[PDB]
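Report on the following structure.
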Amino acid sequence: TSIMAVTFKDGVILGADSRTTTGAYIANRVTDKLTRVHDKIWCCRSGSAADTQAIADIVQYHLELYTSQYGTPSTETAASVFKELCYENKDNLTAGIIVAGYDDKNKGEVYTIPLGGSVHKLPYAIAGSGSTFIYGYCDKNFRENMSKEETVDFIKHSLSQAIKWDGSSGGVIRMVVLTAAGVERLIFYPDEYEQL
Amino acid sequence: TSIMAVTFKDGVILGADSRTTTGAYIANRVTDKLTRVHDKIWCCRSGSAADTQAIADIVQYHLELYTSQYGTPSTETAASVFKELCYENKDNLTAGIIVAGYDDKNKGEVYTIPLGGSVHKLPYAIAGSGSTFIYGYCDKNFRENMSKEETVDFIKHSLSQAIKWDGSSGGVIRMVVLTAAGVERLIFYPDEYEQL
Amino acid sequence: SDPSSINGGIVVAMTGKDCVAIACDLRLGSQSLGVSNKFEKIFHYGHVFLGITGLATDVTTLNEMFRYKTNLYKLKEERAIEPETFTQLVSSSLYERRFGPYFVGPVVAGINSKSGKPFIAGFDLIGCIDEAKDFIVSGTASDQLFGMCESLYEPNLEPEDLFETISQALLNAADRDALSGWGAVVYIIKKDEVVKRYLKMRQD
Amino acid sequence: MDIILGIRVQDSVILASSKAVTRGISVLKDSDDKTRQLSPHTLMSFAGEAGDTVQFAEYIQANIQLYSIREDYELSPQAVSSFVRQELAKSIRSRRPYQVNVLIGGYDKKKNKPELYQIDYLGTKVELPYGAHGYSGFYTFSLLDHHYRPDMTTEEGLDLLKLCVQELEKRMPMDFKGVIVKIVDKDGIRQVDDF
Amino acid sequence: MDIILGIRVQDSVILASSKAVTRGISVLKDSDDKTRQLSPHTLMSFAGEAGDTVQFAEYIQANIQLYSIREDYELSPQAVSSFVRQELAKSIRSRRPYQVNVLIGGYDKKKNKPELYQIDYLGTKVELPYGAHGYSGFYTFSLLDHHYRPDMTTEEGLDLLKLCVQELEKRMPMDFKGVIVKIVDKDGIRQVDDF
Amino acid sequence: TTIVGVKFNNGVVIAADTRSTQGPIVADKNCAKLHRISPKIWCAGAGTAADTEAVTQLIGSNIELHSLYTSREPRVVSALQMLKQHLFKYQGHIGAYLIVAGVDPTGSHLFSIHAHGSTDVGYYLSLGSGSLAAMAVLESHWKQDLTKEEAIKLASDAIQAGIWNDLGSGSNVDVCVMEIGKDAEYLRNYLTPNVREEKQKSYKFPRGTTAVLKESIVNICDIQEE
Amino acid sequence: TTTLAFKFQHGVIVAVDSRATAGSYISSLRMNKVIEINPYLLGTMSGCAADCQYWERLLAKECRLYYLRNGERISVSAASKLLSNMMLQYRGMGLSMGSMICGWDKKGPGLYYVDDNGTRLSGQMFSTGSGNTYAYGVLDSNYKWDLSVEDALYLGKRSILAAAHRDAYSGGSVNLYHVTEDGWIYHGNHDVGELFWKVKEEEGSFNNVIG
Amino acid sequence: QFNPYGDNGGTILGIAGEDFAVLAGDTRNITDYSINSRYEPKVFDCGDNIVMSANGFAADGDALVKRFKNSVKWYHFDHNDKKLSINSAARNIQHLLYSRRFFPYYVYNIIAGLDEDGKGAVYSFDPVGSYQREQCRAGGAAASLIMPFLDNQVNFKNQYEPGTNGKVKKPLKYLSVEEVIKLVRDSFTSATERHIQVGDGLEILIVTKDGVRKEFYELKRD
Amino acid sequence: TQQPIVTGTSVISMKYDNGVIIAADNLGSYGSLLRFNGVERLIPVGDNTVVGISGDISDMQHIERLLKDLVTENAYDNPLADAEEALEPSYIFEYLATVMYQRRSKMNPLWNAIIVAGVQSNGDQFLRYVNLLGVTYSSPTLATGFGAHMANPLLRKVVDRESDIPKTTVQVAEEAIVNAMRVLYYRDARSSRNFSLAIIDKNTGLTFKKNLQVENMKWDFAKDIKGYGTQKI
Ligand SMILES: *[B]([O])([O])[C]([C][C]([C])[C])[N]C(=O)[C]([C]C1=[C][C]=[C][C]=[C]1)[N]C(=O)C1=[C]N=[C][C]=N1
Ligand SMILES: *[B]([O])([O])[C]([C][C]([C])[C])[N]C(=O)[C]([C]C1=[C][C]=[C][C]=[C]1)[N]C(=O)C1=[C]N=[C][C]=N1
Ligand SMILES: *[B]([O])([O])[C]([C][C]([C])[C])[N]C(=O)[C]([C]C1=[C][C]=[C][C]=[C]1)[N]C(=O)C1=[C]N=[C][C]=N1
Ligand SMILES: *[B]([O])([O])[C]([C][C]([C])[C])[N]C(=O)[C]([C]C1=[C][C]=[C][C]=[C]1)[N]C(=O)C1=[C]N=[C][C]=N1
Ligand SMILES: [Cl-]
Ligand SMILES: [Cl-]
Ligand SMILES: [Mg+2]
Ligand SMILES: [Mg+2]
Ligand SMILES: [Mg+2]
Ligand SMILES: [Mg+2]
């Protein structure tokens, strides 16, 4: 699995591959790992598919109920609900989640939640088995306040390399753009990103 | 450990960090992992220090005896002697070696020998625990027929990132330049390569 | 299971003024069962004395081995072996079985016949020499012996005073060890006279 | 096998050894003689792992008989016991050690003294007035410690031995099917056919 | 514990149970009665893990005695055996199962018939003419298969039982210190004091 | 165990503590961990005590024969090579962790050697359970172009760090100085900062306190004439 | 550890050693392995010291409460059963206890063996601990119902000595008790070291040992 | 796997005099081959003229002492400020230890003070709650080193009177507080030499009818 | 029972004449991967206490929240919350020590090693350690993990015993701490160059220094080191 979320001038973009594996067999080659927990709060999922689905579903329920009572929740609040589940059930879970969202007040924010259930707010985050191969590339090429087009190219190039080297990663590159304008879904196929 | 060998227009350059670890304790912070087996045939060592030293010593003995009888050996020949030891004693060894050398006929050549004892001739090679973090960077930034100055910058930047992310890698960046002109040793300290 | 504590036993040696002392218990057991109260652990090859604790079969085997080697030494050298030389022979012999060792804790004691200097030494099961000035301990009550020797011992004791010190060190250490006791022997050694004394102790 | 006892009295050595041999859950034999005559005045009883016992005993027997023929002379019980100990001490560090415990009862014709030696499979030798192997001593040594004198007659030794067997028969969970008793003295070796 | 036998003859049920109790390597007792009277015409012998046996037996005894008082009526051996089986089948899936095997010998006063039930710790019940638990059957069933008739007298049942005990005493490695024999018939339960 | 090695202007110095342990027990309070391979090649040893001595004597013996065969003074690189190949062959089972130093016709040298056979070069080194306490001192105070007097001080200060802070190290400090163009000076018990205080009481017993059963003279002499 | 107890014509004898071990180290030279539950009830101890002390002292609480409720002393049979039922609650939980409940009641003298498994046995003579086999040897050959109080006290004392000598985990001293219908009577602490030499000379036993 | 236990080393020593008692213990705290503290108090004044030390696993030792101190406080509240006698304290501690029979306090515990007749008293406990009154007891890491010495120098074991040759024992004469403190200091000095976990400092608490007094002595720091 | 995932290495500290100093690097390691480079492991509680934490970072963040809630709770119905009834270092420590020991007793520990550094109301220095086992001890110098093996020896050369504390100034103590952090960067494979340092003085109060770096490092001698024995080039 190769997932990442990157903040930029106009908001935040989430990115992911589409491969689900049972050992070396690809159980699903068109998986959607970019998941919606609120209108403009999404997450990237890595680890157990059952665990991360169950968590995201519970979070979506919590934020729907939050909204009914207190109005639109912050991205930090959403990350806290994820954390609470991942931390308190750490013994029985295998879930590496990146939380990303857009406020008008706070703009684009990214929170990463690794295995232990700790929380880390970052300008950008990478995770999944394939992220190991792009720590060098991403550190060297990331800049703050990039444009939408620059950020899309950054994620496209980064996940391209992660897919190239990681067997657990592959398929299409899915992306989700979170800005004031709304929510845009993007997709990039092998013939496009392999030749980079 | 972060090691690499890169061919370029005028020959080949070997590069390495200087960290030796016993768990999390750094047993030696100024290690020389770039080892000479012949005048212009050197190797990069990763894995067990005892195993790789013992191997390199035996190889140096074989090539010294080869030279006395048949004259200067090729880089391919040197890689074969390494392979023969690493393959036939695979059950008892833990050694990841990169062999690099300069002929006038064949110019700069690089052979990588991973754990199994297989041989792979490449334009450039990376190895060691820290190499995982720079697969993306190195694939994106490597070009064939680079200049000496470009190649030094490529290795410097690459190992800089490998050191940054890998705990088993660190210290100084040692380099060895192999060309027709002769053998040049280079060294780059933390204050230089960390700010890259 | 542990070979060094199946049979049980202890040995202690001390230096004095122009004299040495070496003592041992007499117990031989099979774990909890007491088998023999006459199993002496101190042997001598000329004027050099050797005490051996640990696995009883190896104690017996090594005695027979060092008797063998010291008897040949004497035939060739035309003189008795000295404590310093014997100590090196013990070390050499034990290390040659580095990866299949005799499960023993030897102790050498004696006086050099030429210099007159008192000498004691201890070994681990594989030959490391501990050449102490004051005392050497070995056996299943080695912890107990260390505590007794370290508090009771003082340098330059006369033979008849040294006897009391080493005896009390052995006796009270043995009485806090389940695998040691059932009698005790003390050798008092001077340059040209050696006295051997059996001690009266509790038989449980 | 299970039970072997030994007692040295004034003018003889008496060895008592169980008669049972068990395979799986069935007692195959109740008249087994767990002993070999090494020389006319030396008897060895044995107990340990199945098969190893007899094969070791017969190997020792053959070596002593060979010595007797070569020198036209009977080895002392002490010499025999030392030979046996060395073979076991040699054996314990072998690839597959012989798991055999023995008692050697002999009458030394030179010194005119009976002698009893106890040797375990490690090669641990001890000369004793009375001895046993395995758990046998746990039940019997308290009686022997109490009743044993060195000036006892052969008949008194047998009575004390009967008492030891009675105690074993009462407190041991295993049925060892009684014992065969043999006496070693100046006149040689003989078996007590009623015990 | 070790040995429990049962045999149903013409007009009675005979139970034989070993007397030995062993702890560690020592036999603590050689007169232990491994049985409980559940009702005037129902006897239960038992064998299994230490402690569990007696506590299970006494728990069953208490339940049957409670039933007897409540209804002023003695349960049939079949009813008792079914109650016991249910308690064991309940027990086997518990946190810590009771490791107890039983034989229930009873005389049904309604049908005027002796009845023998064999129940193991899993709750496996079978009605038999003769039965045993553990290894006891391996030695004895061949004799019972040969000699047993359903019209045997109590005296003939005891003679066949003696033969079974003699075979056990010959071929079993363990000394079980003889057996206590009890007879269950129309007149109730009595112990054979000489066996 | 704490052992160190420090290079200086015209030579090299090694040092060590004097404690030997088995579990939490001290077997020897004044152990000698400094070994002579050849007159001007000494090594300090940590790990299994019999192994450090044995492997040191063996290579020292073969070095002596080599010196006689070649009519030359032995080199540190020779001892280094012979030790590592021997240790490598036994795949770490010979538990010898050594700091090898010395002077020879090539100059002054300092190496470390691990049980599996790996060697390391440095200006300052430390091995053993107290190597971290010692290395902390070395990393704090070491500099290039040390004098003989400064290097001995640094080395002994590094050993003291081990003595005080590591329970596997204790007692005294041994030193050996190997300077170019001079005899090597072995300074046994260079420091003695752990002398036991006077006891409160004398435990000398009255003669006759111990109960005796039998007495006998032991014949240690040979069979006599006449 | 070696403990014994036996019934006879004049009541019951109770004898124990006093050694406590932590591996091969002798932790205690003088451990009290008898508990005075009441003036007519005793309890021996073998196995885990903590378990033996706690559960037998808790038995004493429960035996005392019996007296208050019923105005009458508890039987040896009932006391032993309360203890066995306590052991049955911590069934398989790892308790190590071997005890003999010795006393005098309306049925006369009473002696019950009880252990951690819940086993409860009535009998004339028992012996528990690592040295019980040595004690049984002396007891079985010398025991009679027709024993005098003086000889019976010696038998129990001599039987412990036999075990203390041979068993490495038994020794220290001998504690003697005699239970009558007027209650138990303590017959002192006897050092084995001194007792051994005394018995050797007077009895002539332990000939193989030199002294 | 998580190991809830640890070993903080240390050694303790209790000696009962005729009208006094001492409870001593080294001040060194360790894990494996490192020193945590050269001065970490281990012997505590628990009130009512009772001193206590729980040696072994420090976390369990601190918890037990804390609980016993609490038990003394509630004994005053519940029983009209009555003084907790040393024998009553000992029995109370047995029940504190056995409450964790199946997850024990990993400590060897000693208390010292005066009995109800004014005589010196020492009680010793194992981790699961077995206890017994004694005259002399060393506990902890170097317990096996010290106890034999105390058998010899406090109870005069294996010591006979000269001239008689084993027939008459050395009479059991009582020891003064000054004599006892010498044996304590020599015990810990000897233990420090041969045991790596013993050293740094020695703290002694002396109990008399007058109260609880402290004495501190340096030990070797290697 | 668990295993630590994202971890923090050594925390080092020492007493000086007028207060205490504590320091810890800004790294959150993920095994051998030096994953997170901006992690603060010193957490101030009021203006008189700093809690330094090593070990599992998720458990650290949990403890950080307990302390934040402890301050909130202490202010409730407390007019002297910023004065006489403010939280003391000893109160904060004992609370944590209670939590750590309770968690280990439920076989579900907080996988940490904690040092509470501060100054009490009466001006006394407070420095005490607690870990996942509930083990507690105090000393003039304290350190966790690698710091225990490398930092303590250096810091104990400045303050070897209690009587050395009044003789040690804040300049000397800070110098020793900063040197120790450099040594740990040389020798600890799970350390970073960037660290935080906090001083709690009885006169000048709490000084919290962020974004410090290890400087004045010696590496030049590396150029002269060639091969592993015989190699000359
Ligand atoms: B990715 O590899 O982490 C991926 C992300 C997931 C949210 C779709 N996980 C998986 O493919 C996992 C296995 C795995 C591979 C690599 C690292 C961690 C986990 N697979 C499943 O969860 C799975 C596979 N087959 C059926 C059902 N679930
Ligand atoms: B590097 O980390 O691979 C390095 C290369 C070596 C040639 C100097 N190896 C080591 O540091 C190894 C451990 C190791 C770490 C990471 C991957 C593989 C192996 N260490 C040693 O060989 C060693 C350590 N201490 C003493 C002796 N040898
Ligand atoms: B030091 O701790 O490295 C020291 C150096 C040695 C050369 C004197 N080692 C020892 O003290 C070793 C520790 C050790 C214990 C157990 C197994 C292996 C190593 N001690 C001994 O070798 C030793 C132990 N007992 C007697 C003699 N020698
Ligand atoms: B005895 O050995 O059974 C004895 C009886 C107990 C009441 C003191 N028990 C022990 O000696 C046991 C060890 C043991 C040895 C042999 C068989 C069974 C058990 N020791 C302890 O109970 C103990 C308790 N605290 C400290 C030291 N030893
Ligand atoms: Cl999915
Ligand atoms: Cl290397
Ligand atoms: Mg792929
Ligand atoms: Mg059935
Ligand atoms: Mg005994
Ligand atoms: Mg030290």
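Every chain is numbered from 1, with letters handed out A, B, ... down the list of sequences. Contacts here are counted within a displayed part of the entry, not across the full deposit. Just follow the structure's listing: the first ligand is 1, and inside any ligand the first atom is 1. So how was this one determined? The header says X-ray crystallography, 2.8 Å.
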Can you remind me what the drug at ligand 2 is called? bortezomib (bound form)
State what bortezomib (bound form, ligand 2) is bound to in this structure, picking the chain with most contacts and naming it per UniProt. Proteasome subunit beta type-1
Looking at bortezomib (bound form, ligand 2), which other chains have a heavy atom under 4.0 Å from it, would you say? B, F
Which neighbouring residues and nucleotides define the binding site of bortezomib (bound form, ligand 2) at 4.0 Å (non-hydrogen atoms)? B/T1, B/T20, B/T21, B/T22, B/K33, B/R45, B/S46, B/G47, B/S48, B/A49, B/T52, F/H114, F/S118
Just wondering where the covalent bond from bortezomib (bound form, ligand 2) goes, residue and atom, if there is one. B/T1 OG1
Check for other ligands or ions less than 4.0 Å from bortezomib (bound form, ligand 2) and list them. none
Got a sec? What's the entry name for chain F? Proteasome subunit beta type-2
Mind telling me the UniProt active-site residue of chain B nearest bortezomib (bound form, ligand 2), with the non-hydrogen distance to 1 Å? B/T1, 1 Å
